[PDB]
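A structure with halofuginone.
Proteins get letters first, then strands, A, B, ... in listed order; numbering begins at 1 in each. Counting starts at 1 for both ligands and their atoms, in listed order. These values consider heavy atoms only, across backbone and side chains, with no hydrogens, waters or symmetry-generated copies.
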Amino acid sequence: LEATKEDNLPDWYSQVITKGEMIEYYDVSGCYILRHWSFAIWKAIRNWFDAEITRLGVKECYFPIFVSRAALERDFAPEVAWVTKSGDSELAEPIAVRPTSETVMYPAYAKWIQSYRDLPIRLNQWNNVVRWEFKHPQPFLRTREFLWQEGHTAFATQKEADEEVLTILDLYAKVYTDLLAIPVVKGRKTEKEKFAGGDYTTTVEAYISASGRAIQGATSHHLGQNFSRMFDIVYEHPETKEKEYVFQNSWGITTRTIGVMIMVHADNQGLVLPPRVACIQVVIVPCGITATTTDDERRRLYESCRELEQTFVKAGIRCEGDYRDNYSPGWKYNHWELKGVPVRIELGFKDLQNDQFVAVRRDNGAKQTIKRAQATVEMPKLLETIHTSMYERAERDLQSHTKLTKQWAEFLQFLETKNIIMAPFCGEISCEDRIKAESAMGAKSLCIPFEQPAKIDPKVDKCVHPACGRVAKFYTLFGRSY
Amino acid sequence: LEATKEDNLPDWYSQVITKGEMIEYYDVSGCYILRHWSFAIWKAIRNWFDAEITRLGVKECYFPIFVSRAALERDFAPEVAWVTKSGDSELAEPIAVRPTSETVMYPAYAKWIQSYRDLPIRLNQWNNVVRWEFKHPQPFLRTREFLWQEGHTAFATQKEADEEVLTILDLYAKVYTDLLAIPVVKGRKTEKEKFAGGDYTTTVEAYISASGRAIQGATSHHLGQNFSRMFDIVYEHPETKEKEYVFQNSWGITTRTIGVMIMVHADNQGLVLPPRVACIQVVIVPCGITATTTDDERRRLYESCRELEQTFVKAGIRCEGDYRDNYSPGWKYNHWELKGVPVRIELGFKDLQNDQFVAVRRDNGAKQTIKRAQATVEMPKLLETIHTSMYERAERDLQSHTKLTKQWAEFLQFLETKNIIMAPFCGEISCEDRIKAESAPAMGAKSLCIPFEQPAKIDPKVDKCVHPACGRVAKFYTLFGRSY
Ligand SMILES: Nc1ncnc2c1ncn2[C@@H]1O[C@H](COP(=O)(O)OP(=O)(O)NP(=O)(O)O)[C@@H](O)[C@H]1O
Ligand SMILES: Nc1ncnc2c1ncn2[C@@H]1O[C@H](COP(=O)(O)OP(=O)(O)NP(=O)(O)O)[C@@H](O)[C@H]1O
Ligand SMILES: O=C(C[C@H]1NCCC[C@@H]1O)Cn1cnc2cc(Br)c(Cl)cc2c1=O
Ligand SMILES: O=C(C[C@H]1NCCC[C@@H]1O)Cn1cnc2cc(Br)c(Cl)cc2c1=O
Ligand SMILES: [Mg+2]
Ligand SMILES: [Mg+2]
Ligand SMILES: [Zn+2]
Ligand SMILES: [Zn+2]
């Protein structure tokens, strides 16, 4: 590993994603070959979330990657990738590679709702979407093609919609903290940062101390009746028949997760995978095989290592051994340290003589010896222990970069000191622009958190800036972002 | 269903796939909205095959949907979709939507095999691909975007490659016979119909009698060293430091599976889904209505039906009840019969009094009464019974359309009356072209495959090719017929 995380972050990240065997750079700018290592992490995330939402009643479909011009046109216009040509023959009308599927799914929804009896609609797509991002692309954070799931739901009454938005958001937050061991702040986005066609938007924000910047981890919007008016998704009331518009929601999460994991956990020696998503959770690395190693002893070692690995598998542990005779044990140590496998097993001849083995943690590198009887009990403890110690390590990190203040001056102080700031705010868009302006790379709104620091005292509290709406409507989290 | 399968096949196919709620037609020609129902079918096939191939050891990755012009340019040119514009701004280089990934994965392979020690590389991706086909598209058989799985593999020795080719081909055929209940002919593709960049091509062909045509259900190719040579996928031989090229396969299967399912099994009342991929295997339909609704009895009926479906799901059976108030039991009957649910459950107040229910089969409409204790046993047996009755009927159909001959004249007779033929063949492509011509959306006859189960030795003492003008090698038997 060539670069360090603290000095020269972009090339630390590059080094990690390549020497960790998750990326291969690709000759269409801003898209990246996904290797087995990364893709398994995405599979773990995808599988948990789909089990969750299929338990809830969301069904799965798939709309085509292509969107007609006419479909799309009824403004992110500069972000649309256009097929214009089939080979050498130029196309009558161009077709667009999808960025999202509202334009295609909501007309379908108008067609599928023939009566009140057809509601609710709860569909989800696991697909890939292409946005010709103008902002600097980063290998997992912002790729021009990315894989995600997008769910679009239609409801009779607004209660169902509000409840599902929050349900999905709790799911998203659990993906972050329970799968990837990352702390996140749940909140509402301001009127400036909400999804334009929506009503309100929930988010799950995370903070990179390295970058000093925060990043949106997923979104769950409540669309209200905005789109159902746009696309005329209506039904007649069963009693007192009158044209009623349905209530909608949409939500999404992407491979950005992997990037956020990297940024939060990887150290200066490679990746550090959260145990619950790591492809290989335990790797056994046989050692002690000197020059004078009688081939019977090398076979005996290999036999015991394979027996240990499979008794791990039977106890539900993703464990593999590394028995390649072309590499030294120390080489194997480094290799798997870059791949960030949570626990390495060291099984030498002396450990064999004692019916034990030594486990080494990828975070903090602590060694600890374990007898082979307790293998199926200690090892899962250790995996959970690692998860917690990762999450807490990051959570304390977040808590040390969040400062609360009611003054602009020390707001700017904090912002320059590489941390994000909780301050009272009016919410007004003009003022939010003024804050970002006078902070320059300037300070953006992250979300209005669900957990407020204090109740706002209306006779006292004021906004964090000079003109505003004056009266503080709530506390908002602000900071530099991705 | 307005139209019949027998008269007006295309319009029947449209009616079943729409009123069965799997397709939604789409305003970009040759793409089709996959509704929840069909996609559940695809999901089952995918999970089965993925369990299988990752158990064998194939790993999964994901390359971008976009291909550099240069990558791709290093025949099918009119089928490539080109992104040229990002909104307003035209792009530096144009990019192509992937049509397959050899052009892109094999350079990575060349970068990834640094030694003999890195071998074998056995990768799979589940992804979507686009081809602007020059043929009329039909909703699952040939779509302009379609989803698939492509597996690409590289091996030190040719033996490993041959073996995986055949293993994978067996897995494809199992998807067809164990999952979709369709009988399929394993074979080798002729020199004319094999994949051009390959060595040989295996296939699994299936026959739809409605259209009287065969269709390729999947492919497993042996690329040998042709692609390893193009892209210089090499390693240094261990004993002798000398450049050795790897041996490769690639194989793939697409959403066409669902189409052949539809074509082979659905009747003139809608779908008939095979039990092992059916999204709902059993639908429960109560039977008390109108004025006779002492609501206590309606709640008693609903609560016992939820108990039966719950005890069915816990025994791993995909069962849901249909309890909507709006509709009548006869409507729900017709609805789910369009959806091809293998067995419909009818549970009225009388069966309630007798601790029973009656199950009706979607394939025959045959009824059979079942007491509620034995439900946990009788239902899965019925699911197996229904499966094999589907496969067996389809196999009797295939066998009654497979005919064998050595005289060209009766080859043409058999083909003209809508069935497929197995005849002695030389293997030559010019001769195959003459065959296809002399039979005349291809109205001529194609080579389907050289079957693995040959009937009779094609012994050269006297055996000659079935065409009058061929160089009568009589190398083997080939299966011919109109195909998709
Ligand atoms: N290019 C991308 N690569 C990966 N994940 C992305 C990308 N763009 C957006 N996401 C994530 O996808 C979720 C839903 O997308 P969306 O809300 O449409 O993002 P967005 O408005 O474009 N955010 P931004 O990148 O700041 O413009 C967000 O919560 C992001 O975390
Ligand atoms: N447009 C399509 N839609 C769905 N399945 C397809 C399509 N084209 C090919 N297939 C299937 O996908 C598998 C792999 O594709 P491929 O090897 O390219 O077939 P192919 O050479 O294109 N045959 P052809 O349909 O005549 O062009 C084959 O087994 C086909 O049955
Ligand atoms: O895509 C969204 C909002 C939501 N869509 C459903 C899944 C979750 C997601 O947050 C916002 N957005 C973002 N980027 C876009 C890029 C283009 Br190009 C287009 Cl046309 C449209 C959009 C667009 O609407
Ligand atoms: O796609 C293939 C061969 C194999 N690729 C890997 C998955 C299994 C599959 O049988 C054949 N084929 C078919 N159609 C194509 C269309 C275009 Br456009 C291109 Cl460039 C290339 C191709 C092309 O190579
Ligand atoms: Mg964006
Ligand atoms: Mg083709
Ligand atoms: Zn203000
Ligand atoms: Zn011949």
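Copies included, the model assigns halofuginone to ligands 3 and 4. The chief contact partner of halofuginone (ligand 4) in this model is named by the PDB entry as prolyl-TRNA synthetase. Within the structure, the other chains placing a heavy atom under 4.0 Å from halofuginone (ligand 4) are, by letter, B. The organism reported in the entry as the source of chain B is Anopheles culicifacies. Counting heavy atoms within 4.0 Å, the binding site of halofuginone (ligand 4) comprises B:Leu72, B:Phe76, B:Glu79, B:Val80, B:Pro99, B:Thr100, B:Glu102, B:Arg131, B:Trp148, B:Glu150, B:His152, B:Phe195, B:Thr219, B:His221, B:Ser250, B:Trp251, B:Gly252.
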